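Naming: A, B, ... by sequence-line order, numbering from 1 per chain. Just the heavy atoms: all of them, side chains too, but no hydrogens, waters or symmetry mates, feed the values below. Both counts, for ligands and for their atoms, begin at 1 and track the order of listing.
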Amino acid sequence: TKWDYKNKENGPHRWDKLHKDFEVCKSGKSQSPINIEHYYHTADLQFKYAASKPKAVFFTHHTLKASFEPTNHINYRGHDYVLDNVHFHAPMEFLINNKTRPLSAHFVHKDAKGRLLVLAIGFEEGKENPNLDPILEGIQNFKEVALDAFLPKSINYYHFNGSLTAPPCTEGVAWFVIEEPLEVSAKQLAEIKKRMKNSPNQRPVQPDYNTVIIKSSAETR
Amino acid sequence: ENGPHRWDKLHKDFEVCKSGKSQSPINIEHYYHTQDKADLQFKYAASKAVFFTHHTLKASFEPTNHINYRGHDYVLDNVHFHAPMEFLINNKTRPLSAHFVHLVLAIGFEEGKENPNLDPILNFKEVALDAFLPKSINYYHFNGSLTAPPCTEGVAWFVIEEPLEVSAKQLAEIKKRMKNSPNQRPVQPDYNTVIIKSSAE
Ligand SMILES: NS(=O)(=O)c1nnc(NS(=O)(=O)c2ccccc2)s1
Ligand SMILES: NS(=O)(=O)c1nnc(NS(=O)(=O)c2ccccc2)s1
Ligand SMILES: [Cl-]
Ligand SMILES: [Cl-]
Ligand SMILES: [Zn+2]
Ligand SMILES: [Zn+2]
């Protein structure tokens with residue numbers, strides 16, 4: 001009944017076989033992740049993050065995750081989408097014109113009506129990322145998460161309609177995928193891939209039906 | 001006992017009318033503007049089957065006319081009508097719309113000067129399909145669904161903002177071929193549809 005990553009029937013091809021809830025994992029017409037390659041060039045995104053000690057930092061459902069009480073928000077089209085948690089994927093699930101990065105993080109948001117907004121940004125092999133240390137460094141009175149420092153000040157982003165990359169693979173997801181990589185050290189990566197128990201948590205690319213993707217740019221602060 | 005809030009209970013086949021997260025029609029009210037950039041091309045031709053079905057008038061033909069979008073070939077199948085127009089562009093009322101089923105192309109009709117392109121509808125007539133669409137068009141494009149059951153998702157919708165013109169008698173006359181009953185699906189919940197704005201010849 002427990003779902004997972006690799007080849008065996010408890011696999012990617014067969015999420016839908018695992019539960020009737022995960023049917024859309026097969027039946028859905030806007031499933032993510034995908035390889036983002038045809039888009040239109042052309043913003044109404046606004047940021048309310050604050051430095052916060054997590055509510056919980058825990059590995060759950062195959063992934064490392066940090067949760068927060070809802071003090072942090074994202075504003076889209078005059079609507080506020082509140083941050084509930086932040087989790088990690090390795091390697092990066094969404095591909096930008098065939099572009100994997102060893103790590104990505106996903107900011108999960110919901111609005112008043114319960115509509116979903118999710119932010120993805122990839123990581124590069126590079127200098128050490130300090131914003132990572134409160135998550136790994138510390139397990140227990142929790143340590144600050146640099147939410148205001150986490151994201152680039154300036155970003156190019158892709159916006160499109162897709163789906164959840166983990167069950168129930170729910171559609172109607174507002175996806176924002178930042179083109180700008182953040183940078184992480186190599187042992188932070190090894191340690192964190194080992195803390196995600198070193199089994200790749202990258203959902204294979206989903207079918208593409210000429211999704212409308214836009215590319216844009218914003219200030220996050 | 002055969003209604004819209006209820007399409008999903010009529011069949012298990014039709015649940016996506018309710019479970020769907022990208023259902024049409026909806027209100028086109030937030031959009032993105034963009035340049036002369038696209039791929040959309042029209043190979044319509046004057047073409048000479050007509051029948052009333054499922055609340056709707058529809059004319060279908062042989063696979064002779066097709067459209068180019070992003071390098072994919074889409075063959076036109078039929079044209080059918082909705083009154084009043086289902087999709088809304090900035091709350092834009094419209095007495096009549098038409099759906100070019102291929103990717104579906106919608107364009108509304110307004111009361112005014114008679115549309116000569118409508119009369120062959122009101123051995124079949126030549127239809128001036130080549131005369132039917134504006135040579136210059138502005139449209140809204142996004143991914144949506146069929147507006148009638150089974151409400152299939154994955155539909156490349158293109159909504160041209162430019163109105164065509166209908167007489168009142170023409171306006172009245174085919175509602176009767178639709179049995180004077182409105183075949184307009186209410187606006188569905190929207191989950192931040194990405195809409196792009198552009199224009200084509
Ligand atoms: N990979 S993905 O699409 O961002 C996610 N898949 N499942 C998730 N579960 S979750 O982040 O804990 C969550 C939390 C609140 C509402 C909905 C989902 S996020
Ligand atoms: N109103 S809408 O979105 O254009 C449609 N909804 N259902 C349709 N079915 S149909 O017109 O009979 C048809 C005809 C040929 C191929 C596919 C579908 S069209
Ligand atoms: Cl990602
Ligand atoms: Cl319409
Ligand atoms: Zn995720
Ligand atoms: Zn229609």
Asks: To what macromolecule is ligand 2 bound in this model, taking the chain with most contacts, per the PDB entry?
Replies: Alpha-carbonic anhydrase
Asks: Not sure I'm reading this right - what drug is at ligand 2?
Replies: benzolamide
Asks: Which other chains make heavy-atom contacts with benzolamide (ligand 2) shorter than 4.0 Å?
Replies: B
Asks: Which residue holds the protein heavy atom closest to atom 15 (C) of benzolamide (ligand 2), what is that atom called, and what is the gap in Å?
Replies: B/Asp77 OD2, 3.1 Å
Asks: Provide, to 0.1 Å, the distance between atom 8 (C) of benzolamide (ligand 2) and the closest protein heavy atom, together with that atom's residue and name.
Replies: B/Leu146 CD1, 4.0 Å
Asks: Around atom 1 (N) of benzolamide (ligand 2), find the nearest protein heavy atom and jot down its residue, atom name and distance.
Replies: B/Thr147 OG1, 2.5 Å
Asks: What residue and atom, counting heavy atoms only, is the protein's closest point to atom 13 (C) of benzolamide (ligand 2), and at what distance?
Replies: B/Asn78 ND2, 3.9 Å
Asks: Against heavy atoms of B/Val104, which atoms of benzolamide (ligand 2) measure under 4.0 Å?
Replies: 4 (O)
Asks: Please state which protein non-hydrogen atom is closest to atom 19 (S) of benzolamide (ligand 2) and give its distance, to 0.1 Å?
Replies: B/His80 CE1, 3.6 Å
Asks: Starting from atom 18 (C) of benzolamide (ligand 2), locate the nearest protein heavy atom and write down its residue, its atom name and how far away it is, to 0.1 Å.
Replies: B/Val101 CG1, 4.2 Å
Asks: What protein heavy atom is closest to atom 12 (O) of benzolamide (ligand 2), reported as residue, atom name and distance in Å?
Replies: B/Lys58 NZ, 2.7 Å
Asks: Under 4.0 Å from a heavy atom of B/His82: give me the atoms of benzolamide (ligand 2) that qualify, with their elements.
Replies: 1 (N)
Asks: Check the entry and give the organism for chain B.
Replies: Helicobacter pylori (strain ATCC 700392 / 26695)
Asks: Identify all pairs of nitrogen or oxygen atoms, one from benzolamide (ligand 2) and one from the protein, separated by less than 3.5 Å, and list them with distances.
Replies:
unit_1                 : atom_1 : unit_2   : atom_2 : d
benzolamide (ligand 2) : 1 (N)  : B/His80  : NE2    : 3.2
benzolamide (ligand 2) : 1 (N)  : B/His82  : NE2    : 3.0
benzolamide (ligand 2) : 1 (N)  : B/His99  : ND1    : 2.9
benzolamide (ligand 2) : 1 (N)  : B/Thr147 : OG1    : 2.5
benzolamide (ligand 2) : 3 (O)  : B/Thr147 : N      : 2.8
benzolamide (ligand 2) : 4 (O)  : B/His80  : NE2    : 2.9
benzolamide (ligand 2) : 4 (O)  : B/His99  : ND1    : 3.1
benzolamide (ligand 2) : 11 (O) : B/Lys58  : NZ     : 3.2
benzolamide (ligand 2) : 11 (O) : B/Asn78  : ND2    : 3.3
benzolamide (ligand 2) : 12 (O) : B/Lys58  : NZ     : 2.7

